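Entry with tapinarof: notes follow.
Letters A, B, ... mirror the listed sequences (proteins, then strands); counts begin at 1. In what follows, every heavy atom counts, from backbone to side chain, and hydrogens, waters and symmetry copies are set aside. All ligand and atom numbering here is 1-based and tracks the order in the structure.
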Amino acid sequence: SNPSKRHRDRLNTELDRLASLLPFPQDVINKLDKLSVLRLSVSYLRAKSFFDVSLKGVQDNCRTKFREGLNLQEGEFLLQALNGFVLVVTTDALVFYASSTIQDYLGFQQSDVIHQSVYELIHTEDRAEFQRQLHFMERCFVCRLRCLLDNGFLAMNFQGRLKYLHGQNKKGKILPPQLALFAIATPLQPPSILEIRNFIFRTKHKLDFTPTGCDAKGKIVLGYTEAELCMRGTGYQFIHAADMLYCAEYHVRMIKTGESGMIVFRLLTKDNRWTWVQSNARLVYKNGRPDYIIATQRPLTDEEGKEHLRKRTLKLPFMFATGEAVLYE
Amino acid sequence: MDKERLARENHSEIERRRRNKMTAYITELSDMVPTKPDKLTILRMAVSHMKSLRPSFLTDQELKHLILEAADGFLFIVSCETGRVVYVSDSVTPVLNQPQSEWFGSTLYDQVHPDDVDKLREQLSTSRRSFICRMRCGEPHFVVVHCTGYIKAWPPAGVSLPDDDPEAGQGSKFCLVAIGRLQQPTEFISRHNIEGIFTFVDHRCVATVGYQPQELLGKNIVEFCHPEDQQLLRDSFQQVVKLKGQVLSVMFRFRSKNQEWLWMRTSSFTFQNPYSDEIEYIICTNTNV
DNA sequence: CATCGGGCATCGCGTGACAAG
DNA sequence: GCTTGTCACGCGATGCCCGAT
Ligand SMILES: CC(C)c1c(O)cc(/C=C/c2ccccc2)cc1O
């Protein structure tokens with residue numbers, strides 16, 4: 001018995017009824033605090049109010065029941081195909097919505113991000129750029145957001161648009177809708193292969209460096225099988241353009257002495273990626289005359305490949321060229 | 001100042017602004033439900049409205065709505081076993097100007113450019129996938145499409161597969177579930193076969209011709225050259241082979257990605273295999289004028 | 001038609017218990 | 001063994017309601 005105690009008991013029982021109705025699993029609801037309960041219910045109301053204005057499957061001439069089952073999860077399928085997460089943010093930099101997959105990419109559970117300031121997730125060095133993006137209306141940019149999986153940040157491509165967020169019922173002593181960013185955030189993409197595993201691999205070549213054999217680890221690293229490896233030309237068809245002259249010099253060194261010497265260069269994999277290698281080419285002889293080459297390579301990382309490149313002995317044209325390549329039969 | 005009091009006053013402010021956030025949220029709920037009342041009235045009206053509105057935060061179609069509003073695209077679920085179109089969303093009509101009639105009963109290979117039909121194969125053999133191709137649409141019209149997606153075990157959990165369904169006898173083991181969406185005076189080096197096909201493209205090409213390296217590789221250089229400059233550029237490419245190791249310079253205009261003509265000076269020379277002295281490729285240094 | 005004191009309900013404030021990290 | 005934060009609670013200052021003026 002106590003007046004204000006019973007008043008706050010009424011407040012708490014209404015807060016309990018509000019928490020019981022949130023569209024989250026009960027294991028997520030039970031670990032919620034009252035402030036987050038109110039915040040999440042506000043978020044749910046604002047979302048449903050916007051969808052009441054903006055929204056509303058298989059055309060009924062292709063209709064099968066398996067197709068209808070798939071259509072009823074079309075949304076989740078699109079979400080899984082994003083390789084990222086959806087982000088809807090308001091002019092006040094409030095996370096109007098974030099998809100659950102944010103937990104898969106940044107570690108932040110969706111329950112804790114909605115109706116919170118998006119800058120809490122964004123690098124201080126990038127909040128200015130993000131706010132510049134928040135204010136002719138399609139958007140394509142990059143930003144580094146907090147990464148709890150690293151525990152640590154992650155650079156993400158944002159692709160989206162600015163559309164009027166209806167049904168927000170903003171006021172002043174009634175307001176029009178303002179532009180909210182509807183965007184998809186995806187990770188960044190690299191272009192070179194680095195082996196995680198020492199993965200020494202040997203391959204045999206003709207005297208013009210045309211490949212004829214390759215061991216297991218070579219297949220594991222370069223992506224080709226034996227046949228496709230040999231039917232693509234000589235070895236120079238796989239070498240990065242910024243390296244072809246160095247390998248040619250070391251090939252003439254091997255021709256004249258039998259040994260290449262430790263050389264470092266890049267090779268084109270089956271998926272058209274560049275992998276660093278430190279290699280050595282030795283000549284086997286038959287009846288005292290050259291027969292074939294046995295080139296053994298160690299997979300290198302880009303951090304040490306670039307280090308070998310900057311401490312380059314000889315210098316030749318195209319030394320610092322960067323580019324992509326292809327390879328046919 | 002004093003330890004305990006600094007902590008105490010900051011706790012004071014923390015609780016004060018906790019109450020502030022609480023009240024602010026309750027007035028947001030007041031703005032957000034049908035129908036000045038006190039906070040308990042607001043909470044009761046809010047719980048009644050939320051019960052009228054009612055597990056995921058959004059329904060499936062709200063999630064799809066957000067995705068497609070953000071970055072367009074259309075969902076297609078094909079099989080890796082044959083590329084058979086198991087599913088395609090309705091959003092394929094605003095993306096490719098094609099009905100769902102055209103993709104169902106087909107395979108992904110029938111819907112893309114023929115020259116891409118093999119690249120497609122490399123993306124379906126045996127988690128994530130990210131490629132680009134050319135999809136169909138009074139003669140044939142192809143459009144560049146960036147697809148991204150993943151490989152999923154078929155059939156999906158929770159989707160019933162009835163006995164009389166056409167999928168019953170399919171029995172695919174894996175599927176590509178993907179979304180497909182539409183869409184400076186320097187010099188860059190390049191390598192070509194003796195026919196003139198880009199096989200290595202310097203990244204500086206975007207600064208000189210505006211194309212991405214992928215937009216150039218695989219195509220012949222003459223394809224980007226003015227119809228008049230073509231026989232001259234071809235003669236240059238053929239005479240660079242006869243004069244191996246010698247430099248051949250030739251000026252011609254190159255259609256930029258903005259479809260402008262840019263005058264360029266290309267200097268070409270062969271690459272000699274140090275053993276056989278045979279031509280490996282042609283090195284060009286394409287420079288803007 | 002107000003105005004006025006009862007008693008309970010709202011409401012904001014500061015502090016202590018307690019616990020997750 | 002300290003930090004940050006949640007929750008309850010004691011406590012008055014007004015608030016609402018309403019017979020009684
Ligand atoms: C088969 C292919 C991927 C390949 C290889 O397996 C080794 C080499 C190495 C060549 C070389 C050249 C000079 C000196 C030492 C090695 C080049 C290739 O294209």
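Here the macromolecule with the greatest number of atom pairs within 4.5 Å of tapinarof is listed in the PDB entry as Aryl hydrocarbon receptor.
The heavy-atom neighbours of tapinarof at a 4.0 Å cut-off, by chain: A. The binding-site residues for tapinarof (non-hydrogen atoms, 4.0 Å) are A:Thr203, A:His205, A:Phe209, A:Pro211, A:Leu222, A:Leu229, A:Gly235, A:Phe238, A:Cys247, A:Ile263, A:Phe265, A:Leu267, A:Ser279, A:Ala281, A:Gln297.
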